[PDB]
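Letters A, B, ... are given to chains in the order of the sequence lines, protein chains preceding strands, and every chain is numbered from 1. Determined via X-ray crystallography, 2.4 Å. Note that ligands are numbered from 1 as they come in the structure, with each ligand's atoms numbered from 1 the same way. The figures that follow rest on heavy atoms only: side chains count, while hydrogens, waters and symmetry mates do not.
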Amino acid sequence: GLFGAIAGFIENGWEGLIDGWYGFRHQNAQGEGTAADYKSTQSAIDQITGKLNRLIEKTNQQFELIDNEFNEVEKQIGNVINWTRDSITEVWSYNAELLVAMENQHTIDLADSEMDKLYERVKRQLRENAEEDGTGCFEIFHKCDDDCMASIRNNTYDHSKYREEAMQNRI
Amino acid sequence: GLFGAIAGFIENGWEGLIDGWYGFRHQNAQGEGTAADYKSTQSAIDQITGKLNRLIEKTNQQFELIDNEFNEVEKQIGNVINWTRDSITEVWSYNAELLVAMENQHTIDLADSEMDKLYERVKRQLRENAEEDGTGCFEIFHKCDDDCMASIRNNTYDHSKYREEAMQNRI
Amino acid sequence: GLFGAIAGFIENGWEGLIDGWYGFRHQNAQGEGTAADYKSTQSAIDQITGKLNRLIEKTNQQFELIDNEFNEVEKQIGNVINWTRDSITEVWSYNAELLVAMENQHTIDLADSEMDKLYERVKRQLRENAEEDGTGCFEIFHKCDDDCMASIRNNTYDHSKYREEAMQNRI
Amino acid sequence: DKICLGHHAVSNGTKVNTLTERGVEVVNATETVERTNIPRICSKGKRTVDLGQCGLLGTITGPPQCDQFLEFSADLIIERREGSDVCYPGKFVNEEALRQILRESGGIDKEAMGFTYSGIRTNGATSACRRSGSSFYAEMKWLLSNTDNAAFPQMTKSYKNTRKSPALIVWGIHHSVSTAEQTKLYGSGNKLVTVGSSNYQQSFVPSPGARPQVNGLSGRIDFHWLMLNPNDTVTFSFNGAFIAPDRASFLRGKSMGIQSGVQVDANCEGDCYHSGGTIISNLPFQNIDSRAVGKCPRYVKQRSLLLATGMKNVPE
Amino acid sequence: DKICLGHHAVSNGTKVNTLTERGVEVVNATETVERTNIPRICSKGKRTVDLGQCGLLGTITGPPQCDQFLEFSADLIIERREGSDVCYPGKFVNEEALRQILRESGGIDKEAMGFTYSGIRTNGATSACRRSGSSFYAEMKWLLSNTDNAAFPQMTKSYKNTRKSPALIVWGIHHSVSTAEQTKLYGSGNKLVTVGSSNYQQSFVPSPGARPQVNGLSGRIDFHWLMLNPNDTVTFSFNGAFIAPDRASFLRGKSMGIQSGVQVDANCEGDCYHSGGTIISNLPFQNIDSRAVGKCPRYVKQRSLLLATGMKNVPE
Amino acid sequence: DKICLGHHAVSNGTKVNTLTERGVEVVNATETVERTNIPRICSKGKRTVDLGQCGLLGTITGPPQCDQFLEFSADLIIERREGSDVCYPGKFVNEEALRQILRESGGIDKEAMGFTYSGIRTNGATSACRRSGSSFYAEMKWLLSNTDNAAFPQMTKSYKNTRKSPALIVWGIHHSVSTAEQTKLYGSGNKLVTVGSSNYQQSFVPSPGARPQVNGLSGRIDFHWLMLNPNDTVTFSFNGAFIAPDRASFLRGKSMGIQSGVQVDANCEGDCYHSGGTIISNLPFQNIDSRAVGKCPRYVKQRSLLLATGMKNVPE
Ligand SMILES: *[C@@H]1O[C@H](CO)[C@@H](O[C@@H]2O[C@H](CO)[C@@H](O[C@@H]3O[C@H](CO)[C@@H](O)[C@H](O)[C@@H]3O)[C@H](O)[C@H]2NC(C)=O)[C@H](O)[C@H]1NC(C)=O
Ligand SMILES: *[C@@H]1O[C@H](CO)[C@@H](O[C@@H]2O[C@H](CO)[C@@H](O[C@@H]3O[C@H](CO)[C@@H](O)[C@H](O)[C@@H]3O)[C@H](O)[C@H]2NC(C)=O)[C@H](O)[C@H]1NC(C)=O
Ligand SMILES: CCOC(=O)c1c(CSc2ccccc2)n(C)c2cc(Br)c(O)c(CN(C)C)c12
Ligand SMILES: CCOC(=O)c1c(CSc2ccccc2)n(C)c2cc(Br)c(O)c(CN(C)C)c12
Ligand SMILES: CCOC(=O)c1c(CSc2ccccc2)n(C)c2cc(Br)c(O)c(CN(C)C)c12
Ligand SMILES: *[C@@H]1O[C@H](CO)[C@@H](O[C@@H]2O[C@H](CO)[C@@H](O)[C@H](O)[C@H]2NC(C)=O)[C@H](O)[C@H]1NC(C)=O
Ligand SMILES: *[C@@H]1O[C@H](CO)[C@@H](O)[C@H](O)[C@H]1NC(C)=O
Ligand SMILES: *[C@@H]1O[C@H](CO)[C@@H](O)[C@H](O)[C@H]1NC(C)=O
Ligand SMILES: *[C@@H]1O[C@H](CO)[C@@H](O)[C@H](O)[C@H]1NC(C)=O
Ligand SMILES: *[C@@H]1O[C@H](CO)[C@@H](O)[C@H](O)[C@H]1NC(C)=O
Ligand SMILES: *[C@@H]1O[C@H](CO)[C@@H](O)[C@H](O)[C@H]1NC(C)=O
Ligand SMILES: *[C@@H]1O[C@H](CO)[C@@H](O)[C@H](O)[C@H]1NC(C)=O
Ligand SMILES: *[C@@H]1O[C@H](CO)[C@@H](O)[C@H](O)[C@H]1NC(C)=O
Ligand SMILES: *[C@@H]1O[C@H](CO)[C@@H](O)[C@H](O)[C@H]1NC(C)=O
Ligand SMILES: *[C@@H]1O[C@H](CO)[C@@H](O)[C@H](O)[C@H]1NC(C)=O
């Protein structure tokens, strides 16, 4: 993707993440945990869903018969009709192919974007209390128990509360 | 947007910013100020304007009458004409709808992108002398008067001049 | 581009980089060096090549003669045929113009993105041992000989091995 | 202590195509091309007429197989391969134009044209149009001389359309097997039919001569037609070999016509038809029949185009 | 001390549509579909002919209503609903083809064909073609016998196109209301008109009979035409019922033709016309008339398609 | 110590267009629009027939220039500008429809219709159809009276299609230069040709008269044709002015026809043809000829559309 997270510095996805599109996996002395992030998941779902509803918008155009399946029309006008119909069919086959390909490129890139946005949100939450390891994880330079992890996940983590300890541990 | 600044970590826009698309709002002992950044504003304006000029490029094939509004043409050829014209109309309505949607998606993402480019530019100017608060602001860890702020806006801020003081203030 | 690397904070390209699309230019006590990065180059090349192979996908629709170049067909049916063909020609001229314009926009943005992904990769390799200067260079705060540079380029640089020295130089 | 950001995945994703790549796996995808056909004409909510053995053009002239449709009314008209416009051998001139007019007519409403005759027979009949005996087209009259080889009087018949929509006017030309038969029926000499309105003028001459027997008969009756504008008058001038109209037709409203070979189902409802059934779908494209009519998904040549609805799938 | 990066916004933005969303507010947008029509035919810079009561085909044959247009020259030709091609009732074969030929002709330039006659009258006239009295088509001659019921001599008249572009040749076949009129005008007996060139061969027999009265007359004239290649010859062989051409037409250059119901305005300049006026626009699409002609924005069914020209609007 | 990230560049790149900009310089680009023409008809693998001076319709009647093509077989049929359908002047009814039938026929297979004559001449010939002397159409017979001005006997000739595909039947109506010539060839009096099948019947009267000399002759032939269904019969009833068919045609299979002015090359292989040669290309668009036929790149009006294959070029 254009943002190099989903197929990039995040090496693969989590098949156990069944509760959302994006999420957090934490590690501390109390153990390991995995939870889904609602805001990013719903953001991506909302954009792809809006795209889908956009693509199935119905427009009422009626076309009638100009050919004859039982008694073939005159040769010259029949060849003109056949040429026109085949040209239009080619135009719409091209439009469908291009439309689906472009939409797919953009969908993949948009999901990549939402992943990167979640990662950056957490990075700005942690401020000077953590460092990126380069695989999508933040090494936290202070003890972060389950309540601390939960405060990161629901955006109530106060970096000042741990700053002096973490800064000292980074030097 | 794909870039997550506009309508992203920057929570809303400034209705008082009437002289540019992007800008700086500073706070120091002398008070608060708002000024526009010319380079990013002009970059976005140039790209959207180029898109606009591209979309109104005149390449005009001339078409003549093949129907008759006063004396209807023979029925069969008139039906073929009407079928062809309706098919072409549907194709061009589709082209217009898709084109405008895609161009609008890209325009929004491009403005988002230019905002992020300005943000990252300032971050790299400040180096080790400031920290991001996560809402589009840079907490500067030294006294920065109006001339200092102006040096940030016009890309003459020398981080070395304040480095040792600022990094000391960060402990 | 949307990612503001190429033609962005990287001021210009290297005409001496003849063995790849992206690369590293280092300087240390042993002198200056330039090397190409294989992964980013091959990633971009693979994506543009896939796009190209997509655009030359062959579809084998046959169209036959429906007018006459030597003995002109009847006037009215000839005018209809010419109108239909000119409409189809305008549709395909539009499709070609828009397709090439869109694909070119996306190609430029994709190369910009791969450049930015390489830059971010190196930044995360270097961790706390270097600082960005704002022009695409990383000021390294420890002695980094040719083997050290080579380890940065092939992703074997162990930041811990130099952290103590580097941190001691950054404060 | 550490916290890691990640995304979901599945073991087996769905391959889709993009601008740069074929067969990239994504977590989820959905089909845009419709392939499922309902092999019936779903006609709920539509006044539907299955013409069966009646050819659509016959509804204007009225051979026996069309007796039940002489003034039909419909929203959907179904033509069948066994439909015939004629009973006595012959054909319409400019038949496809008239079929296209009648497919969207909503049906026809007949009105007497008021032609009366004297000095001739009006009861021409044939064993090819059987209604409990030798008969003829219910809407036409085969004008003959009073007795064999008698002279057919020169005649002029006019009809004015007093209604607010154009009137469909039809007449016939009889082509005898020989000049002797034509003389036996209408008297000797050249035969001429002139037809005129304010925007129409055309002449018709019978073409007597030997031809193969169709159902045992070698004569023909070819039907011709015109649309008569309001306040406009049609005038026929003839001296024989003329199949006169008894009634004119007016179009009822709107409809659509299809040609099908599958049964009608008044228990499913649809709006897109082809000869093989009905296309019922919310998908924007279909790969079933490029000649479908109604309100239809756009026909494309691809059988499948998967649209990604999830991120790229990166399993472990 | 701190410094904050931000972007502009407005209190009331403009809603646009994207690939993923309908009605997202952006700071600014601009219309791409043209709806504003100028209810006049803007003809500045173009030599313009408003045919008015002259029908376009009449310019070739010359009924009175077309006397001022017998050799017209134009870049833009305007047909009106009240235009008539005829005075003596009749119609052209392949009329729409000829109309399309004349709309792009740039006008016509007439040249005498040099036919001289002996033993016949050439001043056939009718009060349906009034020029201070009974007259006829200005470019034609109604050939009659010298006296009532006299025999019409068999004649052959040839014309060679000596110019460098094809010559438009028009003739007529006259269908009298009755055998007595055809006899009075051309003498009794069979009538035949054959017309031939190097790429054209056709034959005509008159069909007398009553047709509805148009302009007081129940006879009709069939007008036929051909394009005579340079150095080629057209030959007419006739013995009556023949409306002869007096002059041939040559196309001047290039023009375009429209059908309108609004006045001409030589003070605005435009290149896209419909019956209701002129579309003057820089926008790429229009929702005014799907049958507009000239150099036009593309017709689309949508009345409005707003293009974003600013960032997303995020107010306070 | 520092390490810098960068990208490659060149001193002079190639300019392309994007959605927002014209002439942005990129490191590399490739053309999508084909402009290179091969000025020959590449026919490897295809049975090709170069008609040369033979007009395609002539293959049915057989003027001298078509003797080599009377039963041709081909996958690709090439018409040339010098092709002629006739020797004795004349022209076909619905000529272009028949050309389109023959372009896709794969060639024709002739079979004798079995007409024999007595009491007339059958060897009518002209110096306009020269085969070492005066001759005629190889597939027709110009039926004449036994001696000058002698009466041509009334006769009827029928042919039944005993094969499994429709038969192409062609006949002619001869129009002499004058009544005297028609009398000399077929005797005085009325002449009539009636043609009938199960779905076709038509009468023809020759129309003698002077026409311009084409190939030295002032008479003309009207060529008519029909498709005779299997087991159906075509019947000709005539007393003169009738060009009888000697053989019927059956379509061999399938082919396509082109019109070219360049030589054939059986050593190059192609699938897209125009009058100037063959388009052999992997590019998706072409700017050579909008009327190219076969399997072709799509014609576009642009002569060049450069697709970026590299990053933006920012030189030093
Ligand atoms: C994988 O993608 C498919 C395709 O989008 C997803 O199926 C979609 O699911 C939603 C809700 O589950 C459906 O919304 C529906 O809206 C209709 C409106 O008429 C309503 O009647 C239904 O009750 C429902 O709310 C949507 O139609 C449906 N789309 C298709 C094509 O079936 C599917 O959920 C995705 N899988 C996962 C795991 O997300
Ligand atoms: C909201 O968007 C519209 C549309 O882009 C803006 O109007 C545009 O303003 C520019 C400059 O003010 C106009 O550029 C013009 O270019 C032509 C070249 O032919 C030149 O002759 C003019 O002198 C001018 O330089 C542009 O035409 C105009 N567009 C339209 C459709 O009027 C508008 O300014 C935007 N609103 C705000 C508050 O920025
Ligand atoms: C998935 C394909 O659906 C479409 O092609 C259309 C679509 C959906 S494609 C699209 C997707 C996102 C944004 C804009 C368009 N829209 C909106 C149309 C609007 C009009 Br008007 C129109 O004529 C069509 C053509 N239809 C009738 C075949 C479409
Ligand atoms: C450069 C343009 O090439 C194409 O037009 C097509 C292309 C290539 S453009 C493209 C590129 C990426 C994704 C989708 C389309 N594809 C795949 C087509 C698929 C079908 Br089905 C099709 O009818 C066409 C139309 N061709 C036959 C004129 C194309
Ligand atoms: C907004 C729509 O305008 C256009 O359709 C076209 C436009 C503008 S849309 C566009 C924007 C960026 C890139 C390509 C097309 N261009 C450039 C065309 C180029 C050619 Br060649 C062409 O045939 C058309 C078709 N027009 C004449 C009906 C367009
Ligand atoms: C966000 O997470 C924090 C951390 O778990 C929540 O704060 C705790 O809430 C639980 C249950 O209400 C208490 O037992 C803890 O004592 C709380 N810890 C602190 C430091 O206050 C917080 O409630 C969560 N926010 C929301 C909206 O659910
Ligand atoms: C048009 O195409 C159909 C098949 O789609 C074919 O059967 C028919 O013969 C064609 N019409 C003509 C006039 O060739
Ligand atoms: C074609 O459509 C127009 C309306 O756009 C209609 O008025 C006209 O009657 C139609 N022509 C035929 C031959 O049905
Ligand atoms: C930037 O602002 C500072 C402070 O006023 C000034 O000294 C400097 O000259 C400015 N630079 C430019 C390029 O205007
Ligand atoms: C159609 O276009 C061709 C070439 O553009 C031209 O030679 C021909 O005359 C046109 N047909 C008619 C009927 O005008
Ligand atoms: C990376 O470079 C170092 C220094 O030259 C070398 O020792 C090491 O083997 C390299 N690693 C790989 C994977 O090539
Ligand atoms: C109505 O028809 C009559 C013919 O009987 C005609 O005289 C009259 O002008 C017509 N009315 C209109 C408004 O055309
Ligand atoms: C027509 O004839 C003249 C002389 O009679 C000759 O100069 C001219 O070239 C001819 N035109 C053509 C097209 O052959
Ligand atoms: C430029 O692109 C073309 C087409 O993709 C390719 O053949 C050529 O090798 C490329 N040039 C370079 C220097 O890679
Ligand atoms: C034609 O008739 C023959 C016998 O006369 C019969 O064998 C053949 O099957 C028939 N063909 C068709 C197509 O009906």
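- Checking ligand 5 against ziprasidone, etravirine, deferasirox, umifenovir, tamoxifen, the answer is umifenovir.
- For umifenovir (ligand 5), the chief contact partner in this model is given in the PDB entry as Hemagglutinin HA2.
- Other chains within a heavy-atom distance below 4.0 Å of umifenovir (ligand 5) are, by letter, B, C, E, F.
- The heavy-atom binding site of umifenovir (ligand 5) at 4.0 Å consists of B:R54, B:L55, B:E57, B:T59, B:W92, B:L99, C:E90, C:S93, C:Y94, C:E97, C:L98, C:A101, E:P284, E:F285, E:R298, F:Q302.
- Atom numbering of umifenovir (ligand 5) starts at 1 in the shown order; those under 4.0 Å from a heavy atom of E:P284 are 1 (C), 2 (C), 3 (O).
- Protein heavy atom nearest atom 4 (C) of umifenovir (ligand 5), with residue, atom name and distance: C:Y94 CD1, 3.6 Å.
- In terms of protein heavy-atom proximity, atom 12 (C) of umifenovir (ligand 5) is nearest to B:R54 CG, 3.4 Å.
- Counting the atoms of umifenovir (ligand 5) from 1 in the order shown, those under 4.0 Å from a heavy atom of E:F285 are 1 (C), 2 (C).
- Residue-ligand proximity, B:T59 to umifenovir (ligand 5), at heavy-atom distances under 4.0 Å covers atoms 18 (C), 19 (C), 20 (C), 22 (C), 27 (C).
- Using a 4.0 Å cut-off to heavy atoms of E:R298, the atoms of umifenovir (ligand 5) that qualify are 28 (C).
- Regarding atom 11 (C) of umifenovir (ligand 5), its nearest protein heavy-atom neighbour is B:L55 CD2, 3.5 Å.
- Each of the following atoms of umifenovir (ligand 5) lies closer than 4.0 Å to a heavy atom of C:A101: 13 (C).
- Listed by atom number, the atoms of umifenovir (ligand 5) under 4.0 Å from F:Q302 heavy atoms are 21 (Br).
- Distances below 4.0 Å separate heavy atoms of B:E57 from the following atoms of umifenovir (ligand 5): 17 (C).
- The name that the PDB assigns to chain E is Hemagglutinin HA1.
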